[PDB]
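The model presented next includes oseltamivir carboxylate.
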4 protein chains.
Amino acid sequence: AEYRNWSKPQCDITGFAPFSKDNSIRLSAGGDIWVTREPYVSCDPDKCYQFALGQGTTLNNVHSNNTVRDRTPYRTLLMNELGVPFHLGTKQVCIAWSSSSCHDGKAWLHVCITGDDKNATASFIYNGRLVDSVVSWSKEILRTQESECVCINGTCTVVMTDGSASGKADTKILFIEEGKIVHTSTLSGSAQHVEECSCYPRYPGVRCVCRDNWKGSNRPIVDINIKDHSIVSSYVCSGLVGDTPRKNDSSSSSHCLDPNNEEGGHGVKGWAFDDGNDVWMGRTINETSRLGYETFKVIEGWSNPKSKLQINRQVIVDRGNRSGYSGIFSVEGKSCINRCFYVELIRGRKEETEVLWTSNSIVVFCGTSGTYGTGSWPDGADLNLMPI
Amino acid sequence: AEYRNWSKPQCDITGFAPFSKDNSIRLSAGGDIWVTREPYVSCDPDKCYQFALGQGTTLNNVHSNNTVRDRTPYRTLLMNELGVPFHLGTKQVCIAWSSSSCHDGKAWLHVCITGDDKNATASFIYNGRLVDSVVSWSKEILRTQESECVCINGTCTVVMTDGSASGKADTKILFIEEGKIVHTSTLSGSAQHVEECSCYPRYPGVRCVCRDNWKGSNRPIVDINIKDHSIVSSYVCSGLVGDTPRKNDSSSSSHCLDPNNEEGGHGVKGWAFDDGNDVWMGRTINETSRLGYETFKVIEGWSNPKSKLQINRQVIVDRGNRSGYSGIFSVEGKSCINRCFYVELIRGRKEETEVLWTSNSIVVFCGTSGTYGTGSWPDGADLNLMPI
Amino acid sequence: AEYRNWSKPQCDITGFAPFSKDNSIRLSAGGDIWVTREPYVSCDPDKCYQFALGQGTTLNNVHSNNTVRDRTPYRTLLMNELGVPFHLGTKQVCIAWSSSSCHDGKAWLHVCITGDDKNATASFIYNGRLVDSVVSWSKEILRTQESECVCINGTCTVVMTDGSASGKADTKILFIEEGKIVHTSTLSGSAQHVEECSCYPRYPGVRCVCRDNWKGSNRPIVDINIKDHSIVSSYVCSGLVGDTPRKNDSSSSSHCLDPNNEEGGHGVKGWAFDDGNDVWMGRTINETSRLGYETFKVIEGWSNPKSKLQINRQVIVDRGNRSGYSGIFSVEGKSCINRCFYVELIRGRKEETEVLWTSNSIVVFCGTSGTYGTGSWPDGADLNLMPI
Amino acid sequence: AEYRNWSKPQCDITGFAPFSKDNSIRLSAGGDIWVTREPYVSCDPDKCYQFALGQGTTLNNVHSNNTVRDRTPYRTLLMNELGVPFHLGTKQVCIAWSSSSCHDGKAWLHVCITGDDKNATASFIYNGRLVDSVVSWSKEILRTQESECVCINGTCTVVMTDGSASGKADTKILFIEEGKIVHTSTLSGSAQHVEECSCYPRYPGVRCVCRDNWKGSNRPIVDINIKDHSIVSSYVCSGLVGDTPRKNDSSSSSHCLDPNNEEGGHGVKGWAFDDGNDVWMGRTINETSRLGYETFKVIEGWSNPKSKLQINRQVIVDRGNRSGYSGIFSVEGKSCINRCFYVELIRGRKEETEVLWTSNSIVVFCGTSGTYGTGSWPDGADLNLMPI
Ligand SMILES: *[C@@H]1O[C@H](CO)[C@@H](O[C@@H]2O[C@H](CO)[C@@H](O[C@@H]3O[C@H](CO[C@H]4O[C@H](CO)[C@@H](O)[C@H](O)[C@@H]4O)[C@@H](O)[C@H](O[C@H]4O[C@H](CO)[C@@H](O)[C@H](O)[C@@H]4O)[C@@H]3O)[C@H](O)[C@H]2NC(C)=O)[C@H](O)[C@H]1NC(C)=O
Ligand SMILES: *[C@@H]1O[C@H](CO)[C@@H](O[C@@H]2O[C@H](CO)[C@@H](O[C@@H]3O[C@H](CO[C@H]4O[C@H](CO)[C@@H](O)[C@H](O)[C@@H]4O)[C@@H](O)[C@H](O[C@H]4O[C@H](CO)[C@@H](O)[C@H](O)[C@@H]4O)[C@@H]3O)[C@H](O)[C@H]2NC(C)=O)[C@H](O)[C@H]1NC(C)=O
Ligand SMILES: *[C@@H]1O[C@H](CO)[C@@H](O[C@@H]2O[C@H](CO)[C@@H](O[C@@H]3O[C@H](CO[C@H]4O[C@H](CO)[C@@H](O)[C@H](O)[C@@H]4O)[C@@H](O)[C@H](O[C@H]4O[C@H](CO)[C@@H](O)[C@H](O)[C@@H]4O)[C@@H]3O)[C@H](O)[C@H]2NC(C)=O)[C@H](O)[C@H]1NC(C)=O
Ligand SMILES: *[C@@H]1O[C@H](CO)[C@@H](O[C@@H]2O[C@H](CO)[C@@H](O[C@@H]3O[C@H](CO[C@H]4O[C@H](CO)[C@@H](O)[C@H](O)[C@@H]4O)[C@@H](O)[C@H](O[C@H]4O[C@H](CO)[C@@H](O)[C@H](O)[C@@H]4O)[C@@H]3O)[C@H](O)[C@H]2NC(C)=O)[C@H](O)[C@H]1NC(C)=O
Ligand SMILES: *[C@@H]1O[C@H](CO)[C@@H](O[C@@H]2O[C@H](CO)[C@@H](O)[C@H](O)[C@H]2NC(C)=O)[C@H](O)[C@H]1NC(C)=O
Ligand SMILES: *[C@@H]1O[C@H](CO)[C@@H](O[C@@H]2O[C@H](CO)[C@@H](O)[C@H](O)[C@H]2NC(C)=O)[C@H](O)[C@H]1NC(C)=O
Ligand SMILES: *[C@@H]1O[C@H](CO)[C@@H](O[C@@H]2O[C@H](CO)[C@@H](O)[C@H](O)[C@H]2NC(C)=O)[C@H](O)[C@H]1NC(C)=O
Ligand SMILES: *[C@@H]1O[C@H](CO)[C@@H](O[C@@H]2O[C@H](CO)[C@@H](O)[C@H](O)[C@H]2NC(C)=O)[C@H](O)[C@H]1NC(C)=O
Ligand SMILES: CCC(CC)O[C@@H]1C=C(C(=O)O)C[C@H](N)[C@H]1NC(C)=O
Ligand SMILES: CCC(CC)O[C@@H]1C=C(C(=O)O)C[C@H](N)[C@H]1NC(C)=O
Ligand SMILES: CCC(CC)O[C@@H]1C=C(C(=O)O)C[C@H](N)[C@H]1NC(C)=O
Ligand SMILES: CCC(CC)O[C@@H]1C=C(C(=O)O)C[C@H](N)[C@H]1NC(C)=O
Ligand SMILES: *[C@@H]1O[C@H](CO)[C@@H](O)[C@H](O)[C@H]1NC(C)=O
Ligand SMILES: *[C@@H]1O[C@H](CO)[C@@H](O)[C@H](O)[C@H]1NC(C)=O
Ligand SMILES: *[C@@H]1O[C@H](CO)[C@@H](O)[C@H](O)[C@H]1NC(C)=O
Ligand SMILES: *[C@@H]1O[C@H](CO)[C@@H](O)[C@H](O)[C@H]1NC(C)=O
Ligand SMILES: [Ca+2]
Ligand SMILES: [Ca+2]
Ligand SMILES: [Ca+2]
Ligand SMILES: [Ca+2]
């Protein structure tokens with residue numbers, strides 16, 4: 001086994017093909033299935049895995065009441081092969097109410113954060129063992145990606161944040177070799193508020209598209225230089241913006257360097273990637289809530305903040321159906337690196353009041369250089385009929 | 001690992017021996033078992049796997065109501081080792097309401113079709129990754145085999161159909177190397193309506209026996225030339241015909257080149273294979289519904305459309321018990337290639353009204369050059385007693 | 001991987017140590033566990049597996065009513081690693097209401113019999129594929145060991161029986177190389193009625209200790225010569241006899257060559273093995289029913305039919321607790337071949353009327369050259385409290 | 001594969017980071033989960049496993065009533081990968097109401113004790129086979145560690161005890177090569193009562209920190225010389241003592257050689273390890289019951305029995321939440337050997353009367369040379385709402 005370098009060009013992408021779907025909530029009406037949220041996908045050189053943060057309970061279980069909360073001592077990172085729903089033989093790979101995972105070509109890293117809000121601990125687990133950990137630095141909800149980290153030549157990078165969700169926070173980028181933190185660069189450049197980064201290998205570096213929870217409905221970009229540890233940051237130029245809430249398409253605007261100051265408060269985790277000067281990007285369909293999910297290409301969307309020329313739109317989840325977090329993951333082909341993305345389909349509280357729980361299922365699409373048609377792939381559980 | 005070529009002669013077959021049975025519906029009265037249909041078997045060089053299309057629900061689950069429908073966004077391709085029933089730790093290998101799978105000797109291909117009726121997408125998954133996809137070409141329920149595809153020398157072939165179920169449709173044969181569509185030949189020859197092909201390696205080519213849903217109760221044959229991509233087609237000569245509905249044995253007739261025009265409308269998926277000039281073939285026992293299942297040899301049945309000389313009959317499922325789809329799969333021995341076949345045992349709606357669901361179990365027999373006796377191996381669930 | 005030869009001496013045995021126990025019925029009061037009977041153990045070169053014949057249902061399942069019957073089309077051979085109870089992810093390795101399994105050092109053989117009483121089929125499955133089969137020869141319940149077969153140098157042997165359970169039957173010994181029946185020797189020597197053999201490698205041959213269902217409460221011995229295919233047969237000399245029913249210890253007698261004619265009708269599957277001129281043997285404690293289970297050494301018990309000198313008695317299951325079938329299996333050590341034995345703990349009908357079902361759990365002991373103490377290891381389920 | 005020697009220095013430890021947590025009791029309110037106690041962790045060269053002693057029942061199961069008892073014939077040693085909760089596909093690796101496990105680098109040893117109180121049997125299982133066993137020597141509850149054993153150069157050592165829990169007992173240390181007892185040294189040195197040792201490799205030997213159930217609330221130390229089989233023993237000097245019950249911090253005292261005679265009766269399993277002349281140690285927070293759990297360093301705590309200088313305290317389970325047994329396990333890094341520890345979170349009878357059962361979940365922390373913060377990680381099940 002050799003370390004992954006991802007030193008191959010990015011695949012031609014004409015859009016996305018369906019890849020995976022676990023029907024987790026549907027199964028949980030007649031089965032023992034974990035309550036989760038903040039799911040994500042990452043893949044060893046052979047095959048893909050689905051991760052999520054458990055609420056240390058199954059759905060049809062008294063302990064699923066009030067699983068709307070974000071941080072309890074009972075949350076663990078779940079890990080299965082992709083398409084195996086989180087049943088009772090699912091391995092909890094660490095304790096975590098915030099996490100990130102990646103495989104360097106030899107072994108799995110996990111970055112798992114748990115403990116007190118005001119004094120959390122991040123654990124660094126590599127190859128079945130604990131190799132390091134760091135305390136919260138700013139004593140305000142140390143947190144990380146909720147999607148895959150990225151390793152080049154055996155140096156893995158991950159973005160973490162400590163501080164305010166609605167003010168200046170303290171974001172850092174760690175470099176990790178075999179579970180050992182070998183460096184920490186602090187955030188730099190024009191990105192003002194950075195969270196839940198969706199990162200992908202862009203040889204020789206790593207690129208991330210994050211969530212601005214403060215004053216931006218455009219999404220921050222973070223550029224990580226793996227060799228000299230330098231950081232740069234900015235925003236996705238595209239005039240059609242990827243966060244939620246946001247303004248409508250006719251009213252929205254963006255800026256390559258600053259938050260747009262348009263319904264900037266709050267956000268949702270999401271993703272984008274460059275294709276020459278164009279941007280591929282997913283986003284919720286409904287501008288203010290986590291309803292529906294779409295992907296498209298914005299032509300000149302990576303370089304031109306006035307550009308609002310979308311082509312190749314796809315509905316992933318129709319506008320009347322709930323979506324949630326989404327994020328990138330990268331899969332190596334024979335000749336190129338593909339881009340795929342998962343979407344968290346959230347069900348339950350607070351938005352749906354028919355039940356007491358909050359859970360999710362997932363749907364997963366992958367870059368394609370072939371052709372594709374249309375559809376919608378929602379959660380499809382009936383919360384009127386579920387465990388009363 | 002080397003690519004499979006199947007460059008070995010076909011085994012002497014004197015009939016079929018019992019191989020596998022999952023009792024899926026019986027287990028589902030006291031267990032968490034998936035609702036499925038369109039099951040099938042395919043085997044890597046070591047061992048066999050059972051696939052089926054899930055309805056994204058378990059049987060004892062509110063979501064099993066109305067699982068009679070064919071295409072929902074919740075259907076996925078299920079995959080276990082043969083004889084492991086589809087429990088909750090079953091891997092969904094892709095999203096699909098129509099599929100085909102095969103192993104080329106190195107890795108698994110899956111061909112998974114999902115999305116809108118009038119604009120479906122076929123995804124091509126090889127070795128744990130998405131390598132290609134194609135849109136529906138005729139915008140009318142792009143669909144495929146519901147049984148194993150076939151790979152020779154690392155070129156896999158699969159038959160797909162788009163268009164009318166009861167008129168001229170647009171059938172194509174794809175050639176796939178490592179998940180990449182490297183060619184598409186369109187259907188040619190005398191076969192007029194072609195669906196749900198049951199294909200097997202017949203070195204140096206591939207042979208398929210399909211379902212004529214339009215004007216034929218005799219079954220179409222499709223001959224696929226793997227090297228030059230040429231296609232030829234015709235029908236199973238045998239005067240005892242393999243589709244259902246059909247006429248009775250005294251009234252039936254057939255034709256080597258054309259549909260017989262005898263209760264041709266509709267059909268059921270099924271299979272046949274040549275043995276010199278004789279044909280081995282399975283079929284439902286009841287001429288008009290999916291009740292019972294039998295296999296026999298028709299002597300001269302491959303070359304002579306007037307020949308109705310059966311020998312070596314076996315009852316697989318007795319005439320008072322429900323059957324369903326059936327299909328071939330091919331297993332490599334030390335010196336020869338064996339032919340085996342699975343039978344879908346369908347239970348529930350519309351035919352059985354005691355429950356609200358529609359599911360299936362499977363039974364699997366294999367070619368034998370030894371001897372065998374008799375029996376019947378039905379589903380054996382009591383739908384009067386099941387999840388009310 | 002090389003074929004097993006078992007060309008090592010038998011381990012010193014001073015008695016038996018506890019090895020495994022699955023608590024199958026206890027677990028099945030709060031879990032999805034298979035209904036089984038006729039369980040057994042066999043081991044690949046690395047590790048041990050537990051097999052049993054399923055009733056194609058779980059215990060807490062409507063279909064468990066009337067599982068007292070021996071042959072239904074829903075019975076399959078179950079296979080797990082030893083100590084994993086038969087849950088829903090258990091693999092059914094073939095269809096079978098009678099079976100035998102062994103590993104030759106390279107791959108697993110299974111011998112699986114199913115179908116009509118008066119015309120059953122035995123399937124021979126090797127290395128994940130069907131290689132052969134034979135019909136019933138005497139058209140009266142073709143049946144086999146219900147415990148492991150034995151392979152030396154890649155020739156596996158198995159004992160099968162067709163005919164009367166209470167008269168002369170037709171017993172044969174098959175020789176199988178890679179799933180292919182390469183010879184059939186018919187039973188010969190003084191053994192008059194032979195069933196459910198418990199066989200073990202006794203280099204250069206195989207030795208078996210069977211059940212006389214007709215006129216003998218002493219147990220038949222069958223000696224299988226693997227190279228020239230010759231058979232010899234006789235009975236376990238020991239004056240303390242191993243079948244059930246039997247006479248009491250003060251009244252019993254035996255004979256090295258003939259059935260003893262003492263409560264000979266019926267029997268239970270069981271086992272014995274030679275140790276110089278002494279015999280190690282297990283048996284039910286209660287002389288007339290399947291209650292309790294004991295093991296001991298009878299000094300001179302292998303050569304002297306008048307000898308009733310037991311030493312080293314161990315209670316495995318105390319006399320007030322149900323037992324059932326038992327059988328040998330052989331495990332290779334660094335320098336010697338060990339002998340271990342499993343015991344079927346039967347619960348339910350007809351004997352226990354509190355429930356409608358018939359099932360079993362297992363307990364497994366192994367030869368030891370160290371020391372040991374005492375105890376009892378029954379089923380331990382409360383049938384008064386179980387699934388009403 | 002080579003034998004483990006652990007010939008690497010012990011890792012710098014500044015405290016402990018969170019590693020694993022199974023939420024076993026929480027899951028068991030809506031799932032089929034085993035009733036356990038006496039859990040523990042041990043790891044093969046690749047990855048970690050969680051063991052526990054089952055009560056041969058699941059929690060939501062009639063047979064969970066009265067699982068407060070310590071020794072029944074239904075208890076087995078459970079084994080999963082760490083973080084997989086004990087579901088129904090969990091392997092029982094042997095019969096046992098007392099056990100110890102370790103991997104020598106090639107294969108697993110298990111030491112499993114079961115049978116009559118006054119005549120128990122220890123079975124020695126190596127590499128999937130029974131290699132040895134010993135009887136109880138003093139006929140009074142032969143028992144062992146309830147945590148991992150230790151192997152150096154293919155010689156594994158384990159500490160066992162037979163005799164009184166509240167008087168002089170007969171403790172021995174066995175040496176085991178490939179499952180074969182190759183020597184037995186009897187306990188020697190100043191340790192007066194020794195139980196449930198927590199052992200770790202301290203090249204070239206093994207060191208253990210045990211429980212004095214008789215007259216000591218300080219913990220015994222046992223030093224095992226692997227090459228010449230010599231034993232020495234004494235007590236943990238530290239003035240803050242690790243057993244429970246114990247006196248408060250202001251009143252407690254200790255002694256390097258003798259039991260302290262302070263609430264010495266009874267105890268709880270626990271652990272400690274040297275760091276120069278300082279001791280790392282865990283213990284319950286509440287001085288008299290198994291409530292809370294803390295770890296700290298006592299400076300000079302290994303050499304100075306008057307020293308009560310703790311630094312680096314961590315709360316693992318807060319003082320209002322139940323704890324239980326805890327023990328060490330050792331994990332090999334690139335350059336050093338790490339120390340990790342698990343904590344049994346006991347729920348149910350006798351202490352909690354809301355239910356009839358007694359079970360546990362686990363939480364697992366590992367040595368870290370990085371930094372960490374704070375929290376509490378209790379069981380988190382609501383016994384008011386659980387299976388009534
Ligand atoms: C079968 O499935 C395929 C693949 O999904 C569909 O083909 C896609 O259809 C979508 C939807 O219309 C196309 O996406 C749209 O592209 C528009 C581009 O406008 C034109 O300009 C280019 C010039 O380069 C021309 O080639 C082309 O003819 C276009 O006319 C955008 O304007 C669209 O955005 C606008 O519409 C959407 C709603 O549709 C709004 O929400 C937006 O905010 C905005 O106003 C959109 O991006 C897509 O490009 C097609 N892709 C491909 C690969 O062909 C088929 O439509 C479908 N067939 C059927 C029968 O359903
Ligand atoms: C134990 O199990 C074995 C194996 O299953 C059975 O043997 C088979 O029995 C079947 C059923 O009869 C045989 O199949 C039939 O073959 C007939 C051939 O007719 C004769 O011609 C040949 C000349 O080559 C002679 O060798 C032979 O003696 C025959 O007499 C066909 O005519 C049959 O089809 C007709 O009957 C069936 C109903 O049975 C109708 O549904 C058809 O539509 C049609 O009218 C049929 O194909 C089979 O060949 C036997 N196989 C083998 C390998 O021996 C035993 O019968 C069974 N024993 C018991 C006691 O149950
Ligand atoms: C701890 O556990 C150990 C191991 O299980 C026990 O030791 C065994 O005890 C049994 C039970 O008594 C012994 O088995 C018996 O052997 C008798 C032999 O008689 C004597 O002859 C030899 C001469 O070679 C002397 O060495 C020896 O002292 C004997 O006195 C048989 O006669 C017994 O059979 C009879 O008794 C049983 C009931 O016990 C009846 O059911 C029979 O039908 C028959 O009448 C029996 O076989 C065994 O050999 C011991 N084994 C070993 C290895 O030591 C301990 O007893 C136990 N300790 C406690 C306190 O429980
Ligand atoms: C974020 O999380 C970190 C890591 O958990 C916390 O830092 C630890 O805090 C604990 C709790 O106070 C410290 O442990 C304590 O150490 C004391 C040592 O006293 C002084 O002496 C040294 C000299 O070497 C000085 O460096 C240091 O400044 C100390 O002032 C002990 O006296 C303590 O024991 C006593 O207190 C506890 C209750 O706290 C009692 O139960 C005891 O019985 C006893 O009376 C204790 O051991 C620990 O060392 C810190 N560790 C590290 C690595 O920094 C932060 O507190 C936390 N931050 C927040 C905001 O929560
Ligand atoms: C589910 O959890 C909610 C939230 O705790 C419960 O409602 C609370 O329960 C407390 C204590 O019984 C009440 O006094 C409060 O009125 C509730 N608090 C809040 C903030 O709403 C509720 O009881 C639970 N429901 C079930 C069915 O278990
Ligand atoms: C199972 O599904 C059927 C089909 O949808 C349900 O029957 C329909 O329900 C609607 C809305 O309640 C009714 O208005 C219609 O009369 C029914 N439609 C058709 C086409 O039959 C039925 O309610 C479901 N049954 C259960 C027990 O859930
Ligand atoms: C369990 O199975 C038994 C055996 O079939 C059932 O009893 C029979 O049922 C038939 C048809 O209802 C009756 O007419 C007979 O009197 C019974 N036959 C025999 C031979 O006993 C019984 O109904 C089943 N019990 C349950 C609870 O399902
Ligand atoms: C749980 O087990 C307890 C302990 O055995 C049961 O209580 C005993 O049951 C016996 C026999 O019925 C009574 O005579 C005694 O009074 C009880 N003995 C003791 C020592 O308490 C109890 O019945 C069981 N409870 C349930 C719900 O099964
Ligand atoms: C702590 C701020 C952060 C917002 C950027 O909270 C996230 C918001 C969430 C959200 O917007 O859905 C849910 C996430 N589970 C949560 N993470 C944690 C650890 O609380
Ligand atoms: C779309 C036409 C085709 C008939 C040839 O339908 C098949 C018929 C079926 C049938 O005859 O049972 C059920 C199959 N699930 C269905 N496939 C789909 C995708 O609908
Ligand atoms: C068919 C005769 C044979 C007795 C030797 O029956 C066995 C007796 C049994 C018994 O004595 O328990 C149960 C076995 N399941 C049964 N096997 C079959 C196939 O019926
Ligand atoms: C037999 C004495 C020993 C105390 C040192 O008992 C242990 C005490 C226990 C305890 O203090 O919790 C529970 C353990 N399961 C038990 N082990 C056995 C085998 O009984
Ligand atoms: C978006 O979401 C909210 C959720 O309740 C809904 O009320 C609103 O109508 C939706 N808006 C649009 C424009 O679809
Ligand atoms: C065939 O199937 C139908 C199903 O209801 C049944 O009514 C009919 O009697 C059967 N016909 C024959 C000839 O067996
Ligand atoms: C043996 O078994 C039967 C089973 O009911 C019982 O009645 C009888 O008392 C037992 N006999 C002896 C001698 O233990
Ligand atoms: C310790 O435990 C007992 C358990 O009931 C409790 O009553 C007591 O208050 C606790 N003591 C302290 C000092 O916390
Ligand atoms: Ca925002
Ligand atoms: Ca037709
Ligand atoms: Ca008999
Ligand atoms: Ca004590």
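In what follows, every chain begins at residue 1, and chains take the letters A, B, ... in the order their sequences are listed. Every number for a ligand or one of its atoms is a count from 1 in the order of the listing.
In this structure, every copy of oseltamivir carboxylate sits at ligands 9, 10, 11 and 12. Ranked by contacts, the top partner of oseltamivir carboxylate (ligand 12) (the one with most) is named in the PDB entry as Neuraminidase.
For oseltamivir carboxylate (ligand 12), the other chains with a heavy atom below 4.0 Å are labelled D. Neighbours of oseltamivir carboxylate (ligand 12) under 4.0 Å (other ligands and ions): none.
Among all non-hydrogen protein atoms, the one lying nearest atom 2 (C) of oseltamivir carboxylate (ligand 12) is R143(D) NE, 3.8 Å. For atom 15 (N) of oseltamivir carboxylate (ligand 12), the closest heavy atom belonging to the protein is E38(D) OE2, 2.5 Å.
For oseltamivir carboxylate (ligand 12) and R71(D), the ligand atoms under 4.0 Å from any heavy atom of the residue are 18 (C), 19 (C), 20 (O).
Judged by the shortest distance from any of its heavy atoms, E196(D) lies inside the 4.0 Å radius around the atoms of oseltamivir carboxylate (ligand 12).
Close contacts of oseltamivir carboxylate (ligand 12) with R37(D), meaning ligand atoms under 4.0 Å from a residue heavy atom, involve 12 (O), 13 (C). Ranking protein heavy atoms by distance to atom 9 (C) of oseltamivir carboxylate (ligand 12), first place goes to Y325(D) OH, 2.9 Å.
Scanning the protein heavy atoms around atom 5 (C) of oseltamivir carboxylate (ligand 12), the nearest turns out to be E195(D) OE1, 2.7 Å. Neither the backbone nor the side chain of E140(D) comes within 4.0 Å of oseltamivir carboxylate (ligand 12), counting heavy atoms alone.
Where the criterion is an N or O separation shorter than 3.5 Å, residue side chain and backbone included, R290(D) meets it with respect to oseltamivir carboxylate (ligand 12). For atom 20 (O) of oseltamivir carboxylate (ligand 12), the nearest protein heavy atom lies closer than 4.0 Å. Contacts between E146(D) and oseltamivir carboxylate (ligand 12) below 4.0 angstrom, taking non-hydrogen atoms only, are absent altogether.
The distance criterion of under 3.5 Å between nitrogen or oxygen atoms is met by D70(D) with respect to oseltamivir carboxylate (ligand 12).
For oseltamivir carboxylate (ligand 12), one of its N or O atoms has an N or O atom of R211(D) under 3.5 Å away. Using a 4.0 Å heavy-atom cut-off, the binding site of oseltamivir carboxylate (ligand 12) is formed by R37(D), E38(D), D70(D), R71(D), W97(D), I141(D), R143(D), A165(D), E195(D), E196(D), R211(D), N213(D), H266(D), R290(D), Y325(D).
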